[PDB]
**Student:** 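Structure uploaded - ceritinib bound to ALK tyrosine kinase receptor.
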Amino acid sequence: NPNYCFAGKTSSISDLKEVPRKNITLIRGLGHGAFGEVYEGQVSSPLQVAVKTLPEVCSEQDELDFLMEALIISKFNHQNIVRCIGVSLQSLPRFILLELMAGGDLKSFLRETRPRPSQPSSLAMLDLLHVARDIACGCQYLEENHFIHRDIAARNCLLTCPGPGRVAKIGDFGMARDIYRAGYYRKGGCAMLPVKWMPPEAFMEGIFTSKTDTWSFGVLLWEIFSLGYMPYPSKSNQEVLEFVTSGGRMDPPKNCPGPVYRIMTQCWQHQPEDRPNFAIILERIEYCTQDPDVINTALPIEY
Ligand SMILES: Cc1cc(Nc2ncc(Cl)c(Nc3ccccc3S(=O)(=O)C(C)C)n2)c(OC(C)C)cc1C1CCNCC1
């Protein structure tokens, strides 16, 4: 059985909490993950869960990838990273049971909660700053524990609920799992890499540090403040690659306050040494939340 090391501590399949198959009920499909459907489920006042499934028709590598994902998520202990309730690997199809996030993914939340004439203040600058702070908190925990996420993006973030009081969390570690297992990428190729979220040293030299996550965080900030637009509008992966290597950077999203845009530009410094760490990113987000000129800025209303 493969071993997994995090914060200098080793774990294996035997450390995962196997939950009896009879105690799990699938309710509805929520969409698809990297390799398999994800369901809303219940574990027996039942525990509300997200059920990641492993296709029964899969290779031995798919089975080992699935196990590694369970080990990775089960070893984290942070409020801004989705909890793992357990696994059900002794029955087919195999399951990973995660904390149900009732607000769905962040990208679809921003696109659907965008202020409209119908919803005048669905969302405000403070809601965006709270999502950004929540994710920066999770990234800080990964950085302090020497774990490089490699795929910080809106599609990988989830929300506990749609309304006020929502907490944003990192809910996917598929890229980091792929690198941990083989050392490189892997199952995919050039066309599958998250090019639009990567710094120059990453796509050019294959060099990854916590400053890689800082760059991707800046891109996530743009995704947040644009209200769910795809980064580098109208540019393909190769155009982005060339644009970014030549010093090109995204313009501020529509109505973005200057102090918020300044965080993005700092995250996008060419030299990793010039980029802020997550503690500095958090201090800057915290200062933006205190500033009336930032939080009183109206979000654009989409007609
Ligand atoms: C994407 C999503 C996620 C959830 N909730 C949720 N909670 C926890 C996890 Cl781990 C999770 N995973 C998930 C779900 C769907 C597709 C892929 C994943 S994943 O684990 O592979 C990762 C990309 C988050 N979903 C979700 O939960 C419901 C109960 C609100 C709904 C959705 C969609 C449904 C169709 N409209 C847009 C939102």
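Count residues from 1 along the sequence. Read the numbers this way: they start at 1 and go in the same order the structure lists the ligands and their atoms. Just so it is clear, the values below take in all heavy atoms, side chains as well, and ignore hydrogens, waters and symmetry mates.
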**Student:** Could you identify the single nearest non-hydrogen protein atom to atom 23 (C) of ceritinib and state the distance to 0.1 Å?
**Tutor:**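 Protein heavy atom at minimum distance: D172 OD2, 3.7 Å.
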**Student:** Which one of the active-site residues that UniProt assigns to chain A is nearest ceritinib, with the shortest heavy-atom distance given to 1 Å?
**Tutor:**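 Answer (UniProt active site, heavy atoms, 1 Å): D151, 8 Å.
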**Student:** What is the overlap between the ATP-binding residues UniProt gives for chain A and the residues having a heavy atom closer than 4.0 Å to ceritinib?
**Tutor:**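 From UniProt's list, the heavy-atom cut-off leaves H32, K52, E99, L100, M101, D172.
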**Student:** Which protein non-hydrogen atom lies closest to atom 36 (N) of ceritinib, naming both residue and atom, and how far is it?
**Tutor:**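 For this ligand atom, the closest protein heavy atom is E112 OE2, 4.4 Å.
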**Student:** Which species does the entry list for chain A?
**Tutor:**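 Going by the PDB entry, Homo sapiens.
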**Student:** Side chain, backbone, both or neither: which applies to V82 and ceritinib if a contact is any heavy-atom pair less than 4.0 Å apart?
**Tutor:**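 Neither part.
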**Student:** Does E99 reach ceritinib, in the sense of a heavy atom lying below 4.0 Å from it?
**Tutor:**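 Heavy atoms of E99 do come under 4.0 Å of ceritinib.
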**Student:** Which domain of chain A, as defined in UniProt, supplies most of the contacts with ceritinib?
**Tutor:**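 Most sit in the UniProt domain Protein kinase.
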**Student:** Provide, to 0.1 Å, the distance between atom 35 (C) of ceritinib and the closest protein heavy atom, together with that atom's residue and name.
**Tutor:**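 For atom 35 (C) of ceritinib, the nearest protein heavy atom is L30 O, 4.4 Å.
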**Student:** Heavy-atom pairs closer than 4.0 Å: do any link ceritinib to the side chain of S108, the backbone, both, or neither?
**Tutor:**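 For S108, the contact with ceritinib is made by the side chain alone.
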**Student:** Check this for me - ceritinib, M101, N or O atoms closer than 3.5 angstrom, yes or no?
**Tutor:**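 Yes: some nitrogen or oxygen of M101 is under 3.5 Å from one in ceritinib.
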**Student:** What residue-atom pair is the covalent partner of ceritinib as deposited?
**Tutor:**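 The deposited model shows no covalent tie.
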**Student:** Which chain positions lie within 4.0 Å of ceritinib by heavy-atom distance?
**Tutor:**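 Sure - by heavy atoms, that gives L30, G31, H32, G33, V38, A50, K52, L98, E99, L100, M101, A102, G104, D105, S108, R155, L158, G171, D172.
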**Student:** List, for ceritinib, each N/O atom that has a protein N/O partner under 3.5 Å away, with both atom names and the distance.
**Tutor:**
unit_1, atom_1, unit_2, atom_2, d
ceritinib, 5 (N), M101, O, 3.1
ceritinib, 7 (N), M101, N, 3.0
ceritinib, 27 (O), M101, O, 3.4

